[PDB]
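Inspection log for the structure reproduced underneath, given as structure tokens.
Residues: numbered from 1 along the sequence shown. We read in the header that electron crystallography, 2.0 Å was used to get this structure. All ligand and atom numbering here is 1-based and tracks the order in the structure.
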Amino acid sequence: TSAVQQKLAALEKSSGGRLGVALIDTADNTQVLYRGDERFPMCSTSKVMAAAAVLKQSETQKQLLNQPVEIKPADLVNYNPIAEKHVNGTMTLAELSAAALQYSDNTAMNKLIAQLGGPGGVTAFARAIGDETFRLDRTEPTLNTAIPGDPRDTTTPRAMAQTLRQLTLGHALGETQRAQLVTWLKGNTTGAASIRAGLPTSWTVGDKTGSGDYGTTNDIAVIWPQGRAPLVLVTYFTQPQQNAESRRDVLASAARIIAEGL
Ligand SMILES: *C(=O)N1C[C@H](NOS(=O)(=O)O)CC[C@H]1C(N)=O
């Protein structure tokens, strides 16, 4: 173990839960892993992959992101801050992608999932961009049950970091779609208490948070530190009891520990 890993272990031990971290430094492609090959429930962080999959579809349909998608009252689930304003109306796939990523709208996420033919279509996109680990099995809201030992709707920190890098910094998407994904992630509204809180204020972050049962507290981020090449950082966290409170400070602490290395 490295010093960063021993610090992450100490944070995890005092946290009362299970922490997973994966950093990729694209300055030199090095990786820091803590429980990097253990599965964690993704919860809302799976939305990135659904949005990227729709962006990928849009590479061969110029007008796909402008296509209207009907929002019915029955479509509303547990957290719909944008979709509820369009009930009995429509949202475009661009609007749904932005709502899913920036406001973590679960109705928008379900519309993205349906646009891909269900959770298996998101998993298939993951496979098509080289992610052998990601699996999406359910829609919102049950994909957030986050039951320990349940492999459904999970990934590992390493695989998620690798995928987020390919999507945001690599060529898993076309150039325009990559820029759109990064623009969406950087305009996230929900991230300031998570990885963002553990990094120097001068660094630009685009991220996607998630949370679920068992106190599951997740964040996945692409980071532009001042004067250095970007990083990819994945912090997953989950706890032993179903009603545990969210612990975004633990993600911030892990990010702060990561930041002290590179
Ligand atoms: C995603 O994990 N979810 C949607 C909603 N927003 O996520 S955030 O809090 O990480 O921004 C929170 C609840 C969760 C869900 N159970 O749908």
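According to the PDB, the drug located at ligand 1 is avibactam (bound form). Of all chains here, the one making more contacts with avibactam (bound form) than any other appears in the PDB entry as Beta-lactamase.
The 4.0 Å heavy-atom shell around avibactam (bound form) contains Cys43, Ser44, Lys47, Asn78, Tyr79, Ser104, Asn106, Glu140, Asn144, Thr190, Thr209, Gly210, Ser211. Scanning all protein heavy atoms for the shortest distance to atom 2 (O) of avibactam (bound form) gives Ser44 OG, 2.3 Å.
Applying the 4.0 Å criterion to heavy atoms of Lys47 picks out, from avibactam (bound form), the atoms 4 (C).
The shortest N/O to N/O separation between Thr209 and avibactam (bound form) falls below 3.5 Å. Not one N or O of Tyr79 is nearer than 3.5 Å to an N or O of avibactam (bound form), by distance alone.
With hydrogens left out, the protein atom closest to atom 17 (O) of avibactam (bound form) is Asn106 ND2, 2.3 Å, a heavy atom.
Counting only heavy atoms of the protein, atom 7 (O) of avibactam (bound form) lies nearest to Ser104 OG, 2.9 Å. According to the deposition, the covalent link from avibactam (bound form) ends at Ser44 OG. The contact set between avibactam (bound form) and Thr190, taken as ligand atoms under 4.0 Å from a residue heavy atom, comprises 11 (O). The single protein non-hydrogen atom nearest to atom 14 (C) of avibactam (bound form) is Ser211 O, 3.1 Å, given as residue, atom name and distance. By the 3.5 Å distance cut-off applied to N or O atoms, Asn144 is counted among the residues near avibactam (bound form). Residue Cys43 places no N or O, backbone or side chain, under 3.5 Å from any N or O of avibactam (bound form). The contact set between avibactam (bound form) and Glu140, taken as ligand atoms under 4.0 Å from a residue heavy atom, comprises 17 (O).
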